[PDB]
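We number chain A the same way the PDB entry does; the residues here are 1-113, in that order. Numbering of ligands and ligand atoms starts at 1, following listing order.
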Amino acid sequence: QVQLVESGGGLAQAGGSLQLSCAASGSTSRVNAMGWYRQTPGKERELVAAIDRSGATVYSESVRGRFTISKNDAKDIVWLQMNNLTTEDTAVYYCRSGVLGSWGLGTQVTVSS
Ligand SMILES: CCC(=O)N(c1ccccc1)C1CCN(CCc2ccccc2)CC1
């Protein structure tokens, strides 16, 4: 069992930045991938960014060059650096591993302008 804890979020303006963290606990050596997902009302949970153990990453085209996913190997934390924020980034953000299934509670992000 691996436990994931989302922290961060907030209310931002178009152009500002937020930093979300995802802290893993438990049998983290069986985790080879970590991803951030987001959801909006009426729409479906969609991928934002993913990172694997070697540090390679993929990004949704809507957040490429604005969002950055990174990891702290010593603290078992995956960060979502949300820069250059737009109103489209308003969503509840969720952390998940490569094993499909149990989500954390997520955290909320609102971007106004
Ligand atoms: C894509 C992510 C990834 O590869 N990980 C990760 C997972 C969740 C959240 C942050 C990072 C690793 C998990 C294992 N930790 C080391 C702990 C360890 C190592 C060796 C033996 C025993 C214990 C290194 C990072």
A.B. asks: What name does the PDB entry give to the macromolecule most in contact with ligand 1?
C.D. replies: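 By most contacts, it's jgfn4.
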A.B. asks: At ligand 1, which drug or drug candidate appears?
C.D. replies: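 Its PDB name is fentanyl.
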A.B. asks: At under 4.0 Å between heavy atoms, is it the side chain or the backbone of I77 that contacts fentanyl, or both, or neither?
C.D. replies: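 Within the 4.0 Å criterion, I77 contacts fentanyl through backbone atoms alone.
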A.B. asks: Look at atom 5 (N) of fentanyl and say which protein heavy atom is nearest, naming residue and atom and giving the distance to 0.1 Å.
C.D. replies: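 Looking only at protein heavy atoms, the one closest to atom 5 (N) of fentanyl is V31 O, 4.2 Å.
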A.B. asks: May I ask you to identify the nearest protein heavy atom to atom 4 (O) of fentanyl, giving residue, atom name and distance to one decimal place in Å?
C.D. replies: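 In this structure, atom 4 (O) of fentanyl has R53 NE, 3.1 Å as its nearest protein heavy atom.
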A.B. asks: I need the nearest protein heavy-atom contact for atom 23 (C) of fentanyl: residue, atom name and distance, please.
C.D. replies: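 Nearest neighbour among protein heavy atoms for atom 23 (C) of fentanyl, to 0.1 Å: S29 CB, 4.3 Å.
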A.B. asks: Could you identify the single nearest non-hydrogen protein atom to atom 17 (C) of fentanyl and state the distance to 0.1 Å?
C.D. replies: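 Going by distance alone, atom 17 (C) of fentanyl is nearest to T28 OG1, 3.8 Å.
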A.B. asks: Yes or no, since that's all I need: does a protein heavy atom fall within a distance strictly under 4.0 Å of atom 20 (C) of fentanyl?
C.D. replies: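 Under the 4.0 Å cut-off, atom 20 (C) of fentanyl has no protein heavy-atom neighbours at all.
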A.B. asks: Run the numbers for me: atoms of fentanyl, each under 4.0 Å from some heavy atom of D52, listed by number.
C.D. replies: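 In order of numbering, the contacting atoms are 1 (C).
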A.B. asks: What's the entry got as the organism for chain A?
C.D. replies: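 Going by the PDB entry, Camelidae.
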A.B. asks: Got a protein heavy atom sitting under 4.0 Å from atom 1 (C) of fentanyl?
C.D. replies: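 When distances to the protein are checked, atom 1 (C) of fentanyl has a heavy atom within 4.0 Å.
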A.B. asks: Which chain residues come within 4.0 Å of fentanyl, judged by heavy atoms?
C.D. replies: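 Heavy atoms within 4.0 Å: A24, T28, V31, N32, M34, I51, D52, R53, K71, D73, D76, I77, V78.
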